[PDB]
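Figure: structure with linezolid.
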Amino acid sequence: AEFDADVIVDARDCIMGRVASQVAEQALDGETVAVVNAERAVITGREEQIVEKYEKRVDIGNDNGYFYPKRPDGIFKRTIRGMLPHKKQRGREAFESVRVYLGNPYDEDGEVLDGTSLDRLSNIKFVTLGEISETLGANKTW
Amino acid sequence: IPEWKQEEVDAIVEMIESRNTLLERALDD
Amino acid sequence: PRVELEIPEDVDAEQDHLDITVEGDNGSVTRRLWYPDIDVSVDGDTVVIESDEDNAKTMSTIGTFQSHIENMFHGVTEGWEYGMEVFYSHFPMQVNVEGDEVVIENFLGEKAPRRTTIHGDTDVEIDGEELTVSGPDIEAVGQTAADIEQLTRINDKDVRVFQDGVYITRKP
Amino acid sequence: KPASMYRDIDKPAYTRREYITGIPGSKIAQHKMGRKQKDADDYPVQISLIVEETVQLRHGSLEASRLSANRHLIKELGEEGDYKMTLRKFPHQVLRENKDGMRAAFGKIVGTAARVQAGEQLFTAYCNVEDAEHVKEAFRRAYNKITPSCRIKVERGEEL
RNA sequence: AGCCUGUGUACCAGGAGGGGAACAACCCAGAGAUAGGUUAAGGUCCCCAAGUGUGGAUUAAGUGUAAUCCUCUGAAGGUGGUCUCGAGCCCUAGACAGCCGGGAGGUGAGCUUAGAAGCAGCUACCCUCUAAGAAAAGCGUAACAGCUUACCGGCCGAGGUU
RNA sequence: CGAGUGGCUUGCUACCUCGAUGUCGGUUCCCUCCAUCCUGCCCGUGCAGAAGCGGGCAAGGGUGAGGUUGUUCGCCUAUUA
Ligand SMILES: CC(=O)NC[C@H]1CN(c2ccc(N3CCOCC3)c(F)c2)C(=O)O1
Ligand SMILES: [Cl-]
Ligand SMILES: [Cl-]
Ligand SMILES: [Cl-]
Ligand SMILES: [Cl-]
Ligand SMILES: [Cl-]
Ligand SMILES: [K+]
Ligand SMILES: [Mg+2]
Ligand SMILES: [Mg+2]
Ligand SMILES: [Mg+2]
Ligand SMILES: [Mg+2]
Ligand SMILES: [Mg+2]
Ligand SMILES: [Mg+2]
Ligand SMILES: [Mg+2]
Ligand code: NA
Ligand code: NA
Ligand code: NA
Ligand code: NA
Ligand code: NA
Ligand code: NA
Ligand code: NA
Ligand code: NA
Ligand code: NA
Ligand SMILES: [Sr+2]
Ligand SMILES: [Sr+2]
Ligand SMILES: [Sr+2]
Ligand SMILES: [Sr+2]
Ligand SMILES: [Sr+2]
Ligand SMILES: [Sr+2]
Ligand SMILES: [Sr+2]
Ligand SMILES: [Sr+2]
Ligand SMILES: [Sr+2]
Ligand SMILES: [Sr+2]
Ligand SMILES: [Sr+2]
Ligand SMILES: [Sr+2]
């Protein structure tokens, strides 16, 4: 609810890993970032092996716990956390000044970061975060 | 340059004197 | 590579994005033709399938897109029809169309009716021991027919002896 | 015993019969097959099975490959077919096995093997242009019973 | 065998510092203090200093992103997955494939055999018509029939095949 | 005959521990692996059917009671999917 984002990024049709790497770099530079339309971000590869990896992460765990997100919401934010020293002061500060959303709760339309776009016309082997979440069992609230 | 085709175009022209391409060939003579 | 398909006078083909729609006197069919770097478009009187790549994998899909489109042309005009025959040795098999699915009763004596839902706007007309599956979408028709035959599949017993079931008699 | 035990050339050459006793006999029945009264020059085709890696081949394997090859040639060209095949290597290297821990470990003699350098011809056949494929099949069965990969090479033969 | 036992050498032992996730001996490097600068090994999407660098190609398996290694596996065998290069032969006098038509008579050859007629076995394997057609390459029959390969013609139209 | 994987058996080594890392079998209680015995779904058959034999996917659940023997193992009995 209300997030003074210095930058609003549109993840739609964008390679998640590539977006995350830039959002991290900017959060560490002090920018407050809001990633939009997470459910529509994409990750290249063979949907079958991709899903096996994310399902394995869901099955891993124990008493100590390995809480892994299932919604495109968290999947994306965890992806970003892995690019930040979130256990350090400076790192946790950057991370906490970053938020991912389902759809776009803002009025403006996020911008599209350079090099992160995927041309659907030249690509068939890729998957949507939303699709992954649905497979993982998430409740399609988007 | 198949020889049997050449010999045919002749044999055909011979009977014309006294495959379709080969017949059209002989007619062209 | 580039191939050009002159569309039949009986037909009209429109396409926006990755979806192509073909309409004729027999109906209409819409398909999605999506493959890396293969552009499908309607250039007035002809449909065009082209790409800058010529690798085996691309050439394969191009030829596939072609037959899919020509099949759509054929489907909207002449249409597609598969002919099937119901055959039984001891128990009279009862094949009927009920709703949007064909129901088969008393297969090999079974008390529970075997059934399958019809795909698309496929028409399954039955007359005696003969069935005729037809429609404009060859994909839908083809499956419906196949589905009907698969509906009497048996794995438990020797098929050479128990040959009851409906079979595709004529492929279009 | 697995060939992994002796397929590599990781030991000195051990072939001196004058200092080695109890060497088991060879299981290789013949080194010259087919019509051994006829010359090799009397044939239009000459095909050799070439080893692609340096290795040691125990006589047990030479016999199995040779046998499984000549056997095919016999089944396809007859007990007297117009062909001739040669196994050109002989198992000179003596093999041991330490069969008491590592004390006085020098092994007792257990067998023999032939050292084959990569690129060499283990077998070589000579046939008529007709049976050229029957020999290629014989070798295919032969390199399936010896450690290394092999190239089936047609030396004298251009009816191709 | 991260085994045992030699030999030469450099290293650890007794060797910091930089790199290698961590890690006696692998790489750079031999080091007084303090300070500025430039490199070495190694690295430049983020974590993490420096490229989401350039020209070009391949890979679709997340192969791979693993110098060395007890530590990083992957083999014999197989692959019309895909890319690249070479050779031979066939082809607009129409190839390869497909589809359509023809696949004929003497004659169901002779022999054996009740029987045998392309096709149980044995021998031979000839000539007519013709633009083709075996004394029949594979099924099939009790034996016939029937179904096709060879072989010819048409339709088609561009590379094909080894 | 050839090529491998595992690390349950055994052997080998002597790297760790001799200012102490308590044995075998059993029991009780928890998690796991798949090279699957049953159960689910399949393929082949020397598949008529029934019952089998062989193979594929698959580790969700199940795999029990008893006689000798400390036994592990195994032999034996009646049940059992
Ligand atoms: C109590 C003790 O000695 N603690 C010190 C060490 C040695 N050890 C041990 C060694 C041999 C044996 N055995 C087992 C049976 O075969 C004879 C030797 C053993 F039980 C136990 C162990 O666990 O820790
Ligand atoms: Cl957990
Ligand atoms: Cl951290
Ligand atoms: Cl793709
Ligand atoms: Cl020094
Ligand atoms: Cl991955
Ligand atoms: K001890
Ligand atoms: Mg010391
Ligand atoms: Mg940086
Ligand atoms: Mg890997
Ligand atoms: Mg010790
Ligand atoms: Mg399994
Ligand atoms: Mg059965
Ligand atoms: Mg379980
Ligand atoms: Na990826
Ligand atoms: Na988890
Ligand atoms: Na001793
Ligand atoms: Na030193
Ligand atoms: Na370090
Ligand atoms: Na990987
Ligand atoms: Na192993
Ligand atoms: Na199970
Ligand atoms: Na017992
Ligand atoms: Sr950056
Ligand atoms: Sr050695
Ligand atoms: Sr081999
Ligand atoms: Sr780049
Ligand atoms: Sr490039
Ligand atoms: Sr280790
Ligand atoms: Sr290695
Ligand atoms: Sr291999
Ligand atoms: Sr498995
Ligand atoms: Sr079962
Ligand atoms: Sr035990
Ligand atoms: Sr016992």
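Within every chain, numbering begins at 1; the chains are lettered A, B, ... in the order of the sequence lines, protein sequences first and strands thereafter. For ligands, and for the atoms within them, numbers begin at 1 and follow the listed sequence. Values below: all heavy atoms of this structure, side chains included; hydrogens, waters and symmetry mates excluded. Determined by X-ray crystallography, 2.7 Å, according to the entry header. A restricted portion of the entry is shown here, and the contact count covers that portion and nothing more.
- Put simply, copies of linezolid show up as ligand 1.
- In this PDB structure, the PDB entry names the chief binding partner of linezolid (ligand 1) as 23S ribosomal RNA.
- Every other chain with a heavy atom under 4.0 Å from linezolid (ligand 1) is named here: F.
- The contact residues of linezolid (ligand 1), taking heavy atoms under 4.0 Å, are given as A20(F), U21(F), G22(F), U23(F).
- For linezolid (ligand 1), the other ligands and ions with an atom under 4.0 Å away are ligand 7 (potassium ion).
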